[PDB]
Engineer: 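The structure follows.
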Amino acid sequence: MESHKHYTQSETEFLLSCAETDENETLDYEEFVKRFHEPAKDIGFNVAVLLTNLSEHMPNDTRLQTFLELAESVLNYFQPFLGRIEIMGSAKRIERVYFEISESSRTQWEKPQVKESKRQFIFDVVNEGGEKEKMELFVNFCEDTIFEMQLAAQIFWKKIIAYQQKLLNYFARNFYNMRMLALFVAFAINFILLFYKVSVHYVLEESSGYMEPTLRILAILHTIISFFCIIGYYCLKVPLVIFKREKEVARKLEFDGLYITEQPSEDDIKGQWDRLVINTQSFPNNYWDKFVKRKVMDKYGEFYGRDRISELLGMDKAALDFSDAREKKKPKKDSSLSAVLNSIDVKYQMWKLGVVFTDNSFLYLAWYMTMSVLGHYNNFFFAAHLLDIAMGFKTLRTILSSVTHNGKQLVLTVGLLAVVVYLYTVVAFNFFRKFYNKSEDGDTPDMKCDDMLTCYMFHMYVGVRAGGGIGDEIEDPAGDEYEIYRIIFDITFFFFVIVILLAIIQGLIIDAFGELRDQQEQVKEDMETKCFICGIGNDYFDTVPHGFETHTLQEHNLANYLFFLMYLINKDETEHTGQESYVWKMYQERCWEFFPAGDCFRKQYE
Amino acid sequence: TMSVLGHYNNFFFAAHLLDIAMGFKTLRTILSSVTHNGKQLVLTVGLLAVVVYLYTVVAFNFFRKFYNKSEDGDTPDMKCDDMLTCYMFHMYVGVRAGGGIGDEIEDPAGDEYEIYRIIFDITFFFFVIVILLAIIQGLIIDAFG
Ligand SMILES: Nc1ncnc2c1ncn2[C@@H]1O[C@H](COP(=O)(O)OP(=O)(O)OP(=O)(O)O)[C@@H](O)[C@H]1O
Ligand SMILES: Cn1c(=O)c2c(ncn2C)n(C)c1=O
Ligand SMILES: [Ca+2]
Ligand SMILES: [Zn+2]
């Protein structure tokens with residue numbers, strides 16, 4: 001470490017003196033650091049935050065600057081672990097609070113699925129909903145995100161259970177890369193299928209060989225990879241959605257009191273389905289609070305007789321159970337039988353299956369599995385997997401969303417086109433039947449206007465697609481009996497059906513695509529030019545160099561707020577400081593005005 | 001290099017006529033716009049190729065007999081016999097045709113696949129001609145604007 005050159009000679013000899021004396025001219029740096037650094041870090045973190053607080057609160061203090069320059073090392077070391085939050089409601093002034101952030105929490109935040117959830121949440125909150133419920137949406141996002149990062153950190157019978165759990169965790173971890181592998185193998189199998197020729201038999205031996213065996217291998221490999229993808233999704237993202245649904249129904253029971261006072265409406269099929277889980281054994285399987293049943297019963301039983309409530313929630317009397325446990329805790333343990341019969345709650349499993357099947361992404365994966373099975377039945381069905389690139393890429397997803405964004409108006413315009421084509425059809429059928437002859441030879445004429453159904457189907461199929469209209473696909477009206485009438489007919493058809501209605505139909509989708517692109521660009525611009533927490537203008541921080549960068553990095557940071565919530569949850573309630581306890585009580589009462597939505601620390605003082 | 005190749009064959013001097021694009025600002029703007037949205041343009045072209053491939057496999061499986069280009073009663077020129085030929089034909093002809101793929105194939109008078117073939121042609125015209133090609137054109141026009 002003299003070659004390392006981290007200290008001066010005095011510090012080197014001090015470290016030698018404090019070094020473990022092996023009495024054999026040796027030292028064990030592992031045990032040395034384990035003994036010294038950890039208490040040093042845990043105790044000096046408070047010193048570092050004290051110096052940081054003094055520096056931020058006390059400007060233009062030369063002595064304090066000397067202390068900071070002497071303590072540069074500790075501040076630099078603890079800079080990643082130091083988190084800063086601004087709170088408005090504290091004494092009606094903006095106040096800065098400092099806390100500790102774990103490197104494990106930072107890594108879990110950097111996990112890819114957490115980042116994907118973050119970007120989806122930001123898009124949802126910025127594009128729609130405004131800022132009226134922005135704080136509530138942010139708090140819900142924080143709860144779901146900390147649950148997601150806890151799940152990620154989590155990611156002979158005992159041996160096999162451990163092995164299968166490890167396999168499931170591996171699939172959950174490698175869900176995305178295996179998804180890309182599935183896309184690549186789908187592209188390869190489609191490339192192989194491209195060399196197909198009819199002989200009724202669909203012979204693929206266009207080349208010398210080595211195509212059918214590898215095609216079969218790629219098909220079975222694709223099916224296996226798709227099954228593994230669905231397993232990984234089930235063990236990765238299903239817990240998050242079921243946790244969200246359980247939280248929603250539990251909060252409805254607590255605050256709204258849905259299944260207690262007034263039953264959900266019949267149109268609320270989601271509420272009707274959720275009625276099934278409010279009475280099973282493990283209702284809050286993923287929700288952190290397992291006492292929601294006791295809370296709702298203590299809330300409403302004294303008014304509703306406690307008996308209907310006890311029956312509808314199960315478990316009988318929560319108050320009686322709590323009293324019995326408090327008087328004497330159950331001094332026994334239930335042995336885990338190997339061949340235990342129906343240990344799981346069948347009703348809860350049915351509810352979970354219902355919600356995961358109503359989920360959209362799981363439906364897409366089920367469709368992928370079905371397409372793979374149909375591809376095994378007939379190899380040609382693998383072409384449907386080529387549309388996964390639309391999900392993969394954002395622009396293609398934007399086009400697929402735009403094709404349905406204006407669905408109602410598009411359907412109405414198509415209906416109007418059908419109606420006007422029908423009117424032209426009946427006019428032609430009544431007056432211009434003889435002109436619709438497609439027989440090029442003097443053989444039996446092919447009148448398309450003899451029958452109304454045929455005439456209308458012909459009009460819709462041909463006139464709309466034709467650039468010139470209907471007049472370009474029928475005999476010219478040389479006869480003077482209907483010359484001008486037929487010409488006006490054709491011109492009106494061309495004007496109203498070709499260059500107006502079809503133009504509007506095209507413009508609806510093109511404008512939907514443009515509007516979606518503009519919305520995404522506007523979300524990005526807002527994120528770049530305003531602060532999520534407070535909303536102060538970008539220029540005010542730009543008054544100083546990189547002022548907005550600093551404000552969004554350390555002053556108001558979404559990760560910092562999430563880590564502060566995690567810190568409050570992890571800390572013991574008795575150990576909470578004044579500001580921490582106030583914020584915790586506010587979060588419990590669901591008020592959410594501690595966020596400095598109005599002002600900032602700088603506008604408060606400097 | 002173009003001048004040297006022009007000495008090798010005088011006809012290579014035609015490539016120098018593109019220097020006006022560098023010379024004038026508006027022409028340079030068009031040449032920059034043709035690549036400003038390059039990533040999205042490539043993605044849209046890929047989506048067009050994918051959808052044309054899907055229509056190709058559908059036609060190959062069900063509507064092979066309609067793709068006859070033999071005007072005389074001589075040996076039929078089936079363009080749908082081979083998948084590679086059918087897909088290349090679709091990409092080359094259906095995209096360029098204003099009416100879609102139904103205007104370059106035999107009309108489905110037979111009742112066995114009348115409605116199926118008509119829906120096929122209408123969907124091809126709607127999704128490939130008046131949507132995807134429109135988006136591809138609009139990308140470059142909007143980049144120029
Ligand atoms: N907590 C915040 N408050 C206010 N503005 C913020 C906050 N976090 C980020 N921003 C702003 O959002 C801009 C876009 O960066 P953002 O932090 O949203 O994405 P990123 O983390 O860099 O990207 P990615 O998720 O792709 O890795 C930043 O330049 C910053 O101005
Ligand atoms: C009170 N509380 C929470 O509020 C919480 C939590 N996990 C997430 N959240 C939001 N846990 C475990 C918890 O005890
Ligand atoms: Ca205390
Ligand atoms: Zn801010």
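Labels below follow one simple rule: chain letters A, B, ... track the order of the sequence lines, proteins then strands, and each chain is numbered from 1. Note that ligands are numbered from 1 as they come in the structure, with each ligand's atoms numbered from 1 the same way. Atoms considered below: every heavy atom in the structure, side chains included; atoms not considered: hydrogens, waters and symmetry mates. The structure has been trimmed to a portion of the entry, and contacts are counted only among what remains. We read in the header that electron microscopy, 3.4 Å was used to get this structure.
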Engineer: Hey, which of chlorzoxazone, cytarabine, methoxsalen, caffeine, sulbactam is sitting at ligand 2?
Structural biologist: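 That's caffeine.
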Engineer: Which polymer chain sits in most contact with caffeine (ligand 2), and what is its name in UniProt?
Structural biologist: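 Most heavy-atom pairs under 4.5 Å are with Ryanodine receptor 2.
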Engineer: By chain letter, which other chains contact caffeine (ligand 2) with heavy atoms under 4.0 Å?
Structural biologist: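 Heavy atoms from other chains: A.
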Engineer: What else, ligand or ion, has an atom closer than 4.0 Å to caffeine (ligand 2)?
Structural biologist: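 Below the cut-off I see nothing.
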Engineer: Using a non-hydrogen cut-off of 4.0 Å, what is the binding site of caffeine (ligand 2)?
Structural biologist: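 At that heavy-atom cut-off, the site is A:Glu143, A:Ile146, A:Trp288, A:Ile569, A:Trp584, A:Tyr587.
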